[PDB]
Amino acid sequence: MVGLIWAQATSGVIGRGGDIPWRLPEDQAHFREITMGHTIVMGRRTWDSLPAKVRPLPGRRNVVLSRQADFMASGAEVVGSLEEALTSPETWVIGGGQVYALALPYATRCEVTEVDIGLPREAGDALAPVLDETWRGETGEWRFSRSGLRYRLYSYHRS
Ligand SMILES: NC(=O)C1=CN([C@@H]2O[C@H](COP(=O)(O)OP(=O)(O)OC[C@H]3O[C@@H](n4cnc5c(N)ncnc54)[C@H](OP(=O)(O)O)[C@@H]3O)[C@@H](O)[C@H]2O)C=CC1
Ligand SMILES: Nc1nc(=O)c2c(CCc3ccc(C(=O)N[C@@H](CCC(=O)O)C(=O)O)cc3)c[nH]c2[nH]1
Ligand SMILES: [Co+2]
């Protein structure tokens, strides 16, 4: 099982300036619940975004994709191809934009948080992958985050 999990603005933006232009504690807790215990696979730029104290993310096999043969990620495995990362019953691809696009052909689940923020797409933004007709989606109800932004959870599945 390969799943993708991400949070996006309604525009599709997932990252900007190497970080994220929001933070919803409820979305982080949801991310923790879904990924805990499993393999998480991330691009090197997303590893760089992690604060030193949650590097590695605890209780998970942290895998970092890089073309740098000597890149060092203390507490993670660095691999040079996505296929090397897929050796566990449940693998969660946690981004960013480049790695979501690379992993989508392997994926059967997407757990999406839509953040009700009006954020036009700018050059250099990382974007969510586009999900074609093979993806069956189910939406949850809109929820208020204590951050003040509304959000809702989408669960996409395909065989
Ligand atoms: N809102 C959300 O849900 C999420 C947001 N983000 C945000 O997204 C942004 C980062 O996304 P993005 O910029 O797309 O960078 P990525 O996180 O996708 O990492 C890109 C890097 O991954 C490596 N990589 C990419 N393709 C391959 C390949 N085929 N083989 C080997 N290594 C590969 C390279 O590493 P190297 O350069 O070392 O070779 C490349 O520079 C940040 O802003 C981050 O905060 C990240 C995750 C989720
Ligand atoms: N839906 C979704 N939201 C995201 O933000 C995200 C990301 C961004 C990277 C990310 C995710 C969680 C935490 C982090 O700190 N995680 C902690 C939770 C800590 C807390 O609850 O405050 C963890 O242990 O997972 C730190 C960084 C990838 N895929 C995602 N998918
Ligand atoms: Co689980």
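Chain A is numbered as in the PDB entry; the shown residues are, in order, 1-159. The basis for the numbers below is simple: all heavy atoms, side chains too, and nothing from hydrogens, waters or symmetry mates. Atoms within a ligand are numbered from 1 in the order they appear, just like the ligands themselves.
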| task | Give the name, from pemetrexed, mifepristone, entecavir triphosphate, fluvastatin, simvastatin, of the drug modelled at ligand 2. | result | pemetrexed
| task | List the chief contact partner of pemetrexed in this entry, with the name from the PDB entry. | result | Dihydrofolate reductase
| request: Quick one: look at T113 and pemetrexed, take heavy-atom pairs under 4.0 Å, and tell me if it's side chain, backbone, both or neither. | output: side chain
| Does the N or O separation between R60 and pemetrexed drop below 3.5 Å for any pair? | yes
| query | Does pemetrexed have a heavy atom under 4.0 Å from the side chain of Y100, from its backbone, from both, or from neither? | reply | side chain
| Any protein heavy atom sitting closer than 4.0 Å to atom 12 (C) of pemetrexed? | yes
| said: Would you mind pulling out the UniProt NADP(+)-binding residues of chain A that have any heavy atom less than 4.0 Å from pemetrexed? | reply: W6, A7, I94
| field | Shared residues: UniProt substrate-binding in chain A, heavy atom under 4.0 Å from pemetrexed | value | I5, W6, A7, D27, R32, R60, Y100, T113
| said: Applying a heavy-atom cut-off of 4.0 Å, say which part of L57 lies close to pemetrexed: side chain, backbone, both or neither. | reply: side chain
| task | Tell me which part of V112 gets within contact of pemetrexed: side chain, backbone, both or neither, using heavy atoms under 4.0 Å. | result | neither
| query | Which pemetrexed atoms are under 4.0 Å away from a heavy-atom of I94? | reply | 28 (C), 29 (N)
| query | Which UniProt domain of chain A holds most of the residues in contact with pemetrexed? | reply | dhfr
| request: Record the part of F31 in heavy-atom contact with pemetrexed below 4.0 Å; permitted values are side chain, backbone, both and neither. | output: side chain
| said: What I want to know is whether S49 and pemetrexed share at least one N or O pair that is separated by under 3.5 angstrom. | reply: no
| Check: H30 N/O within less than 3.5 Å of pemetrexed N/O | no
| query | Which nucleotides or residues of neighbouring chains are within 4.0 Å of pemetrexed (non-hydrogen atoms)? | reply | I5, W6, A7, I20, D27, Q28, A29, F31, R32, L50, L57, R60, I94, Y100, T113
